[PDB]
Undergrad: 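Model shown: Purine nucleoside phosphorylase + forodesine.
Sequence lines map to chains A, B, C, ... one by one, in the order shown. Chain A is numbered as in the PDB entry; the shown residues are, in order, 7-268. The residues of chain B that appear here are 7-268 by the PDB entry count, in order. Since chain C takes its numbers from the PDB entry, the residues it shows come out as 7-268. The header says X-ray crystallography, 1.8 Å. Because only heavy atoms are used, hydrogens play no part in the values below, and waters and symmetry mates are left out as well, while side chains stay in. Start at 1 and go down the list; that is how both ligands and their atoms are numbered.
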Amino acid sequence: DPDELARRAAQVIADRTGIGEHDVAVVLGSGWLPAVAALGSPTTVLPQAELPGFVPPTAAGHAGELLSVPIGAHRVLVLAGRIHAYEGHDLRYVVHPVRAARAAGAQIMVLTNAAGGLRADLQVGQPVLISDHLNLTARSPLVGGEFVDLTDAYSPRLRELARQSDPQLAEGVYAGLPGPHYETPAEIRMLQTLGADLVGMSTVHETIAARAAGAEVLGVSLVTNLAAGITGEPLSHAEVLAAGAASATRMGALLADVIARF
Amino acid sequence: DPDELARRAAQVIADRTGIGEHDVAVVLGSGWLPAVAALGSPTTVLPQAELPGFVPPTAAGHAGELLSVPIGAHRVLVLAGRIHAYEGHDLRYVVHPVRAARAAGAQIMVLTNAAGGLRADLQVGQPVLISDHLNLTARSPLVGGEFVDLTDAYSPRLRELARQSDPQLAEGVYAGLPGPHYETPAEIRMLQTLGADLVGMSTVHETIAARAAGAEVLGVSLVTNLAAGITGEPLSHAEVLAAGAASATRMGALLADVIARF
Amino acid sequence: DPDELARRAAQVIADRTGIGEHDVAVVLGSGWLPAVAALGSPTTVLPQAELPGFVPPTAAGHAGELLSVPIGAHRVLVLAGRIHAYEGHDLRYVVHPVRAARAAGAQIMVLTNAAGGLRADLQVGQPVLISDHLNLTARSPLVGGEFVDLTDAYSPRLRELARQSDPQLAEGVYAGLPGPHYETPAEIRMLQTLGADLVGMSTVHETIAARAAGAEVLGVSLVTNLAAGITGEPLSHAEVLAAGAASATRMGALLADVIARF
Ligand SMILES: O=c1[nH]cnc2c([C@@H]3N[C@H](CO)[C@@H](O)[C@H]3O)c[nH]c12
Ligand SMILES: O=c1[nH]cnc2c([C@@H]3N[C@H](CO)[C@@H](O)[C@H]3O)c[nH]c12
Ligand SMILES: O=c1[nH]cnc2c([C@@H]3N[C@H](CO)[C@@H](O)[C@H]3O)c[nH]c12
């Protein structure tokens, strides 16, 4: 049972951090690892692996740590690193971190990720607020008759607050695919036709799980590379991490400021 | 063995109803539960759970009953409620009811469902004949080299008969998704681009199985809500059932008049 | 570990053929079985089933044999027949033949298949070079952080060589679907919108695996039928095999000549 597992994880989080309840949770994706320090001074740092139900992250660029950080008037859970469906894990494990965070009191989830940019106006290193998503995985983290509405899955209010921190922030539709292979140029052209502005291999299930659990979501993609076929240059995860590092300072500052506005 | 399991179920149906063979089968979807009265008076009513191979439905609004009803010159098998892929069962179980009906003698399957309306003309409460479908589940109920043709999956002949009952019935293409989460507005815009007029989380596999088993199919979607993002109002299953209830008498009467024409 | 299984198979292949290493591998798809003769005189012919990791092909038209044939200056592994995801096997098995071929020394994979034609200028019996693909299976043969780039998945260089053999060769985008049911006309219209020129139920995963393993790929689809809904006539696998047979002489001559140019 996902709920009981989440509660057990939340209890351990409370016991180890000494904080009975957190207010916000942030998941740092590929390329975002170095932005963790700017969020603030952690009062607790521990391995995600220690927590019940947490499959340790294994992808390059994911620290696999959980930090408790005070940001503004909030106590924030920072999930440095995440796991993905392409790693072979049942979605119950993929969305467990968000569910555990919710069980720990977090009613706002800030989901960040590295994405390929499909819209012509997007440049490498640019942060893009996720306005909506396209779940192209043919899967759902929900089982049974859990008919969750996804109309304002990415809270307009939170995107407005982000815009208050930095007015220049653009928005875009994120397409979530299975992965782990990158897309072919033809698939990218297809995604453009489908209305996608960004492409990645995560986030969508976590967003669905968050909404199902009653939490709001702010999604932020860092354009770590132009989508396959745009430049013709081959994609590389190492380069994705490098591109993310170049914007780490701005990203950390952005997250710290926006969260404090919540 | 799917076929043998279907034969066993068909035998129990014959013994329990006292009817050696049925001619038509109707699967009542979400919101269609109370349409049974308008179909006619059952001569036998029994729990699906008591039939070999039948996984009991669990979604709200699905009774999980089987009724034998005389409609016109036909002996009709009415499956009040269905199971869906989002409930986690292998497709063999999802399409078993249709295969059991075929084994019971039904050469015509009337598959009804609750669907979100995407096309501009559609209104809540409007019945729509399924002209074709878009299987967007990345799955198939068929295994191995069962290369079944789906050119006229939804019999033009049956749609013609349906229009004799109600000349104003409109047609539309049904998009079948995994579920159980409702679609995001972006996904709905994507489906419109793909050619979808209706969207649901069932039916496609049942239609495929019916075709593979030599049965004709008449699909009827009841627009229980406008697709996500159309009205901007959040979708709700309880509201889907309420919408269905408001049109149940009309739907039952429609089904009765159409089936009598078979 | 797929790589270890691949090496083991490669060792058995070397022992059984008396050839320490092969240079090119060709997978003959549906309808291509009779094209074998034109490739040359095999020095060894053995059942795929007798090789480690090879799940025996079962689809009609797939011989399930492995032949070592000298073509031009190359020692070629000819895989007469393949397995498909619709047969229910884990993708590790679906791409094993290609990985085994790579482990045996093949740095070039010629993947042939039978496909439905969507583009108006394509005719039944026409061979079409695959310029790119659309993986619409919601799956990948890769696991974990295998972030493989698919920018030039179908080697432009190899397509140029094929063109030297037959200058009139057309190119097109191949859409890979789960199968085994054929597409509905509405689905075909959708595929056209997505940019597909050809449609089939194989190849994409093999191409991805080949790329991840460092081999170039030349994809050749034989239009064995026009896509569902184009003619209005139902599709049939037996007819697909018949269409393939009608072009077998041309296909075999094409393959023999192109491979000699590698
Ligand atoms: O262009 C892209 N396509 C698909 N995924 C990604 C990503 C994300 N980064 C990781 C691969 O580098 C993977 O976890 C994926 O979700 C960055 N750029 C792209
Ligand atoms: O807008 C919609 N999108 C997807 N499914 C449905 C449905 C059908 N009704 C059920 C959810 O209420 C579910 O089984 C689904 O198949 C009604 N409206 C919609
Ligand atoms: O029109 C078509 N649609 C989908 N697959 C195929 C095929 C290929 N041939 C086989 C079915 O005949 C199957 O393995 C599929 O990959 C030929 N024509 C079509």
Undergrad: Just curious, which ligands or chains go with forodesine?
TA: ligands 1, 2 and 3
Undergrad: Judged by heavy atoms, which other chains are less than 4.0 Å from forodesine (ligand 3)?
TA: B, C
Undergrad: Can you sort out which atoms of forodesine (ligand 3) are near C:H90, meaning under 4.0 Å from one of its heavy atoms?
TA: 14 (O)
Undergrad: Applying a 4.0 Å heavy-atom criterion (strictly less than), which segment of C:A65 is in contact with forodesine (ligand 3): side chain, backbone, both, or neither?
TA: neither
Undergrad: Considering only non-hydrogen protein atoms, determine which one is nearest to atom 6 (C) of forodesine (ligand 3) and report residue, atom name and distance to 0.1 Å.
TA: C:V205 O, 3.9 Å
Undergrad: Could you tell me the residue and atom name of the protein heavy atom closest to atom 3 (N) of forodesine (ligand 3), and the distance to it rounded to 0.1 Å?
TA: C:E189 OE1, 2.7 Å
Undergrad: Where is the nearest protein heavy atom to atom 17 (C) of forodesine (ligand 3): which residue, which atom, and how far?
TA: C:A120 O, 3.4 Å
Undergrad: Among C:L241, C:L197, C:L232, C:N231, which one puts a heavy atom closest to atom 18 (N) of forodesine (ligand 3)?
TA: C:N231
Undergrad: Under 4.0 Å, counting heavy atoms only: does C:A121 come that close to any atom of forodesine (ligand 3)?
TA: yes
Undergrad: Enumerate residues in chain C that UniProt marks as binding purine D-ribonucleoside and that sit less than 4.0 Å from forodesine (ligand 3) by heavy atoms.
TA: C:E189, C:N231
Undergrad: Please write down residue, atom name and distance for the protein heavy atom closest to atom 12 (O) of forodesine (ligand 3).
TA: C:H243 ND1, 2.5 Å
Undergrad: Quick check: what organism does the entry name for chain C?
TA: Mycobacterium tuberculosis
Undergrad: Which forodesine (ligand 3) atoms does C:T230 reach within 4.0 Å, using its non-hydrogen atoms?
TA: 17 (C), 18 (N)
Undergrad: Counting heavy atoms only, which of C:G67, C:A244, C:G122, C:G250 comes nearest to atom 19 (C) of forodesine (ligand 3)?
TA: C:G122
Undergrad: Just which atoms of forodesine (ligand 3) are under 4.0 Å from any heavy atom in B:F153?
TA: 11 (C), 13 (C)
Undergrad: Considering only heavy atoms of C:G206, which atoms of forodesine (ligand 3) have at least one such atom less than 4.0 Å away?
TA: 4 (C), 5 (N), 16 (O)
Undergrad: If you have a sec, work out which protein heavy atom is nearest atom 14 (O) of forodesine (ligand 3) and how many Å separate them, to one decimal?
TA: C:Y92 OH, 2.8 Å
Undergrad: Does an N or O anywhere in C:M207 fall below 3.5 Å from an N or O of forodesine (ligand 3)?
TA: yes
Undergrad: Please list every residue in chain C that UniProt marks as binding phosphate and that has a heavy atom under 4.0 Å from forodesine (ligand 3).
TA: C:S36, C:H90, C:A120
Undergrad: Okay, heavy atoms under 4.0 Å: who's in the binding site of forodesine (ligand 3)?
TA: B:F153, C:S36, C:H90, C:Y92, C:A120, C:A121, C:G122, C:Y188, C:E189, C:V205, C:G206, C:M207, C:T230, C:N231, C:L241, C:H243, C:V246
Undergrad: Pairs under 3.5 Å, N/O atoms on forodesine (ligand 3) and on the protein: can you put them in a table with the distances?
TA:
residue: forodesine (ligand 3); atom: 1 (O); partner: C:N231; partner atom: ND2; Å: 2.9
residue: forodesine (ligand 3); atom: 3 (N); partner: C:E189; partner atom: OE1; Å: 2.7
residue: forodesine (ligand 3); atom: 3 (N); partner: C:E189; partner atom: OE2; Å: 3.4
residue: forodesine (ligand 3); atom: 12 (O); partner: C:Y188; partner atom: OH; Å: 2.8
residue: forodesine (ligand 3); atom: 12 (O); partner: C:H243; partner atom: ND1; Å: 2.5
residue: forodesine (ligand 3); atom: 14 (O); partner: C:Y92; partner atom: OH; Å: 2.8
residue: forodesine (ligand 3); atom: 16 (O); partner: C:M207; partner atom: N; Å: 2.8
residue: forodesine (ligand 3); atom: 18 (N); partner: C:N231; partner atom: OD1; Å: 2.8

